[PDB]
Asker: 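Quick one: structure below, then a few questions.
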Amino acid sequence: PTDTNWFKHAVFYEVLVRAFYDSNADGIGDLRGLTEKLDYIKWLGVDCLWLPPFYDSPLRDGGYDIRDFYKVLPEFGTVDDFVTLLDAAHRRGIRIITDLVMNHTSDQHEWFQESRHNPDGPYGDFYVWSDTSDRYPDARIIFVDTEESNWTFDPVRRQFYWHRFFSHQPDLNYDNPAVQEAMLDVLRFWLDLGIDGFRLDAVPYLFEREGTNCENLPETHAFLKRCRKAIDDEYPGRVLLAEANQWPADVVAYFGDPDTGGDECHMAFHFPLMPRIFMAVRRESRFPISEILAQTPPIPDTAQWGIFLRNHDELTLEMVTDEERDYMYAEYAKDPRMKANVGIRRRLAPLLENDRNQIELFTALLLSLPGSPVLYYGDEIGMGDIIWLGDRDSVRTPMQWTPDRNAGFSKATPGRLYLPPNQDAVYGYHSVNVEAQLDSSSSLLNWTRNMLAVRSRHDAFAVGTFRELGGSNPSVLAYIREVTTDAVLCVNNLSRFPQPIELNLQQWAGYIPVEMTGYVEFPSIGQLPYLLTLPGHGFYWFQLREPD
Amino acid sequence: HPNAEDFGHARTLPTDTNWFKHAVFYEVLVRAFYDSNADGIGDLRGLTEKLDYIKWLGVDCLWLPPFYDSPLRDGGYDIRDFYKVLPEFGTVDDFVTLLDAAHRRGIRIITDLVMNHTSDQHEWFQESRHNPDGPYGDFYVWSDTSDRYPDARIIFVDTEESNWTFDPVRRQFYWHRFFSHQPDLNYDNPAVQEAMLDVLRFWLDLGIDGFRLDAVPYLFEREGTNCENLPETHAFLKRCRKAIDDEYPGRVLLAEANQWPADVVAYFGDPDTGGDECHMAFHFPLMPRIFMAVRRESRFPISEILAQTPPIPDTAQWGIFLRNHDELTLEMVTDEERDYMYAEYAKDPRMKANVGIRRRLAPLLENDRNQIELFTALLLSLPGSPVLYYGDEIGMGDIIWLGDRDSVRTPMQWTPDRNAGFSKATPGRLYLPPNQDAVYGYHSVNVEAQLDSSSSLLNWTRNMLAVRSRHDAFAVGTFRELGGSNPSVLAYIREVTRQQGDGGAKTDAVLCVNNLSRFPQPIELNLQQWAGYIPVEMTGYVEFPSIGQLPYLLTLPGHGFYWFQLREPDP
Ligand SMILES: C[C@H]1O[C@H](O[C@H]2[C@H](O)[C@@H](O)[C@@H](O[C@H]3[C@H](O)[C@@H](O)[C@@H](O)O[C@@H]3CO)O[C@@H]2CO)[C@H](O)[C@@H](O)[C@@H]1N[C@H]1C=C(CO)[C@@H](O)[C@H](O)[C@H]1O
Ligand SMILES: [Ca+2]
Ligand SMILES: [Ca+2]
Ligand SMILES: [Cl-]
Ligand SMILES: [Cl-]
Ligand SMILES: [Cl-]
Ligand SMILES: [Cl-]
Ligand SMILES: [Cl-]
Ligand SMILES: [Cl-]
Ligand SMILES: [Cl-]
Ligand SMILES: [Mg+2]
Ligand SMILES: [Mg+2]
């Protein structure tokens, strides 16, 4: 049932098929397992699942190296299990989007094997081949510590092929019109199955051109317009999300032509948000947050920013920044917490040293700042990570359902699990798990669920305007979200100590602030500045109720 | 009996007749704190080694439950020799060494002393029953029948069939308010009175800073009375206070009288002399009332017991603590006639389940950190001298199956090492085991783990004690409850009467605001008398807007609290 704005009102939940629930005791999470846990997901109150790549893959780069776009990784199930999942989610009002890597395939993909073995055949030009490694010299090597070059010599074809990512991930040749059609057909295949949309990954790198750094080319945007057009024409109500790990000013291009109301991606991610919030709290100053928001350009009214509490892009493990436009550019390296975690994904609780007050503060900001928020699976119970598993796999350990064997994720033997659960005294499944948190109304899980329920009752959080209120105290960030008569006031203390703030709310004189969890009515707003007092790292949400 | 001279003595601190009013006490069991000799049992030498932690924490006086020689049938409240420490704990010499080391750091020590009764293994009782016409013949209360004092209740009614027990050797009944193995001393025998004063003098000569006198309401019995709170009992307490003040100025007597506050006031003595009995007594109903105030999200249960608490002598001070039960009898104080919450405790399922069992703070509050902070804030800011129980500062749990008292007497959890770092002995030799569950176990909850993060409960508690220590109003200030629009919020101001050295933050008034609701609450306060003053929040030192003629609006998160110094305005 089409609702062309659903993505603006959605809370997304990024969940890995491999990690959520193993229904068949092979030690690996699967589609049937995820289907069996949909009642939990509905109960939590999220609106759309975001599944990282689950296609057939040799898994040398986390499944971002795809061997077959048309096939589910066999240990997850088949496309039939995927449709079962889709139907069960839809039946509960939950949508599903997935990652789709557009720039490159695994070298195990049959297209590449045909390209190298049969250069004269129909796949001969499906990839970017050269007698020399000299072309495109201005393109940086993304994985500079691992790849000596963006060109690799193939021993079968005896020419170099191009890859922006690892050598086992050859780039598709988008100047070949058969490649463009083949990739459009991949989109249609999953859309026909009923998927609600895609996050398109690595799209800034589609086209290469001499004289350029081979990112963000106009031909790249042109292909994205084809994708959007195919969606608009054939599957209305579906969504395209861009993964462009760039400064927000540069990302706005990915929404497309403003005069059209946006003709490329419906959404794109605002990557610098979490690094700025993290630094605002470290510095006890609202300015890193105020500034990043104020400097973010307007986007088409059809579009929406995606936001999440992570410091790194999951594809490249890089944190966005900009020498010229980021006033905090040199500051990140001066923070020992940021410095220790460079290039490693970490979960929310570990990022905040398990401080429950800060977890709540960061989560409140995620749920009230402009954009559609993405929650990462397990953050709602305060799961930890295991950094030694890898820069990405750190945060991909099994969902911790119960304090039972394997955290209740699987009936297999522990040695057969795809990755082990946390076992330490702080984050281990004996103390951190869904079951333990279900009872108390004061658990992080129940708190998170309640915050989602509150957010869902106020359209202002999803699509409202954003007005930062300033105020006497630079340690406090206060703002109003407004839709036109749903008006909400959010006040956030970035300081570890109690703070007073006096706000000029004269425009809303007469209005009565009603705090959104206890529904207590606060003193009516007058002509004098309104005094609010917050504990360290505290926050309040108020509905601004019109007078009688 | 040993003769004091035969031992060393601790060096005395400069006498300070009001030290106990400013003190935060720390109740710590010798058996539980630290085992220095790998026998699985905490000891005096071990406690001495841990004085550095105690000093760092910032408490002013240790309160040690009984450590005398005892067969330990009733937790050591059954004393076999008043002049001897239980051998597993060490000797009198070790106690003197502990006292000296504590005194070096400015830390005092008091101990429990049971006045009403001894173990039946005490030699006085063995002599009393074997040799009736000897000098101990009337040291206890003997009778040919079990008919005397019928109006006295049986305290342990589910265990003891009578307050009289027939002795097989003497063939007469002897009286005991507590268990049958704890015969009552006969205070009508002046030799008993002198013997007990001699016990006090023994420990005072060694250098102890005072005593909590246990079971004192039950000293004397008289026909036609319920045998509690008799005039002769109070008269004996005046002797103890007289001996204390004449011979050892600057020491303290605390009364353990588990009674309604209007009734325990008598234990401070004659108000006309400024108080001539105990310097201190416990305000037992405070925690049950705070507990109820939070359960009902209303300030009134707290407001009311405070308002109904009668004034006490100028030299005197209430003791307060976050427990619902007296450790001696495991009873919660109540009063059918005078407690308006009398029937309400039995309606609360948490209160109900824990009847007669000591529980630690974190377990009482289901490990809710915000509530632990709220209750701790109240303990540290309400009138009285507070007692912290060892381990509550790190959020230790308890083990209820160990017994109604032993639940809270498990080893101090120092580290996540073997035996929680309490001992090098094998685990099977520990006097009691540490908590081992996922919530409160020593792998998760221990001092070492909390020392690092400035956001741990330990560091928070230590900072709160530091803040309290720098503001006299918390210790000896007046108490002015402020009312307010919102019944869910308890607000009060505490003030020092000046003199000598005037201002400074140390003597400025303090404002405390406490949210008993689990939801954010506004409160508007009429603080017009403090117009112009600037509230400065005590932990972060942020200046809040100056007080004016309008009501002052403060907003609190669920279960939150603020402490403010009221600073006088610039001229
Ligand atoms: C997020 C919020 O969680 C908690 O709030 C909940 C309660 O503690 C539960 O008892 C439950 O309350 C209700 C009764 O059970 C039900 O009978 C109903 O009719 O009355 C209640 C409905 O108000 O549910 C509560 C939420 O509805 C925790 O207590 C609370 O303080 C936490 N609050 C924060 C959220 C916001 C955003 O509005 C901020 O304003 C706050 O400062 C946060 O602290
Ligand atoms: Ca490319
Ligand atoms: Ca007696
Ligand atoms: Cl996966
Ligand atoms: Cl398939
Ligand atoms: Cl990402
Ligand atoms: Cl991250
Ligand atoms: Cl002991
Ligand atoms: Cl007690
Ligand atoms: Cl208790
Ligand atoms: Mg499986
Ligand atoms: Mg020992």
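The alphabet sets the chain names here, A first, running in the order the sequence lines are given. Using the numbering of the PDB entry, the residues shown for chain A are 30-513, 523-586, in order. Numbers in chain B come straight from the PDB entry, and the residues shown are 17-587, in order. For ligands, and for the atoms within them, numbers begin at 1 and follow the listed sequence. Side chains included, hydrogens not; waters and symmetry mates left out as well; all remaining heavy atoms used. Header entry for method reads X-ray crystallography, 1.9 Å.
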Asker: Write down the macromolecule with more contacts to ligand 1 than any other chain, named per UniProt.
Answerer: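 The chain with the most contacts is Trehalose synthase/amylase TreS.
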Asker: Which compound out of sampatrilat, acarbose, saquinavir, efonidipine appears at ligand 1?
Answerer: acarbose
Asker: Give the letters of all other chains that come under 4.0 Å from acarbose at a heavy atom.
Answerer: A, B
Asker: Is there a protein heavy atom less than 4.0 Å away from atom 24 (O) of acarbose?
Answerer: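 Answer no: nothing from the protein, no heavy atom, is under 4.0 Å.
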Asker: Using a 4.0 Å cutoff against the non-hydrogen atoms of A/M554, which atoms of acarbose qualify?
Answerer: 38 (O)
Asker: Using heavy-atom distances, let me know which of A/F580, A/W476, A/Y578, B/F535 sits nearest atom 7 (C) of acarbose.
Answerer: B/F535
Asker: Among all protein heavy atoms in this structure, tell me which lies nearest to atom 37 (C) of acarbose, with the distance rounded to 0.1 Å.
Answerer: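 Protein heavy atom at minimum distance: A/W579 CB, 3.4 Å.
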Asker: Which bit of A/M480 gets closer than 4.0 Å to acarbose, counting heavy atoms only: side chain, backbone, both or neither?
Answerer: side chain
Asker: I'm curious how acarbose sits relative to the natural ligand site. Which residues UniProt lists as binding substrate in chain A have a heavy atom closer than 4.0 Å to it?
Answerer: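 Counting heavy atoms against the UniProt list, it comes to nothing.
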Asker: Is the closest protein non-hydrogen atom to atom 20 (O) of acarbose under 4.0 Å?
Answerer: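 Looking at atom 20 (O) of acarbose, one finds that no protein heavy atom lies closer than 4.0 Å.
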Asker: Has B/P573 got any heavy atom lying under 4.0 angstrom from an atom of acarbose?
Answerer: no
Asker: Should A/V483 be listed as contacting acarbose, given a heavy-atom distance under 4.0 Å as the test?
Answerer: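 The answer is no, since A/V483 has no heavy atom less than 4.0 Å from acarbose.
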Asker: With heavy atoms of A/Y557 as the reference, note each atom of acarbose found under 4.0 Å away.
Answerer: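 So the atoms of acarbose that pass are 22 (C), 23 (O).
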Asker: What protein heavy atom sits nearest atom 44 (O) of acarbose, and how far away is it?
Answerer: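 Protein heavy atom at minimum distance: A/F577 O, 4.5 Å.
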Asker: Take atom 41 (C) of acarbose and look for protein heavy atoms under 4.0 Å from it; say yes if you find one, no if not.
Answerer: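 It does: a protein heavy atom is found less than 4.0 Å away from atom 41 (C) of acarbose.
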Asker: Out of A/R478, B/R534, A/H487, whose heavy atom is nearest to atom 28 (C) of acarbose?
Answerer: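 Among A/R478, B/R534, A/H487, the closest heavy atom to atom 28 (C) of acarbose comes from B/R534.
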Asker: Which UniProt Ca(2+)-binding positions in chain A have any non-hydrogen atom closer than 4.0 Å to acarbose?
Answerer: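 I count no UniProt residue with a non-hydrogen atom in range.
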Asker: Protein heavy atoms: any of them under 4.0 Å from atom 5 (O) of acarbose?
Answerer: yes
Asker: Quick one: look up the protein heavy atom nearest atom 39 (C) of acarbose and list residue, atom name and how far away it is.
Answerer: A/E553 OE2, 3.3 Å
Asker: Where the closest heavy atom to atom 33 (N) of acarbose is concerned, which of B/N386, A/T555, A/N479, A/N386 has it?
Answerer: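 Selected option, by shortest heavy-atom distance: A/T555.
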Asker: Which of the UniProt active-site residues in chain A lies nearest acarbose, and what minimal heavy-atom distance separates them, to the nearest angstrom?
Answerer: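 The nearest UniProt active-site residue, by heavy atoms, is A/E272, 30 Å.
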Asker: Please list the residues near acarbose, using 4.0 Å as the heavy-atom limit.
Answerer: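 The heavy-atom site around acarbose is A/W476, A/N479, A/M480, A/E553, A/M554, A/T555, A/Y557, A/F577, A/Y578, A/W579, B/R534, B/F535, B/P536.
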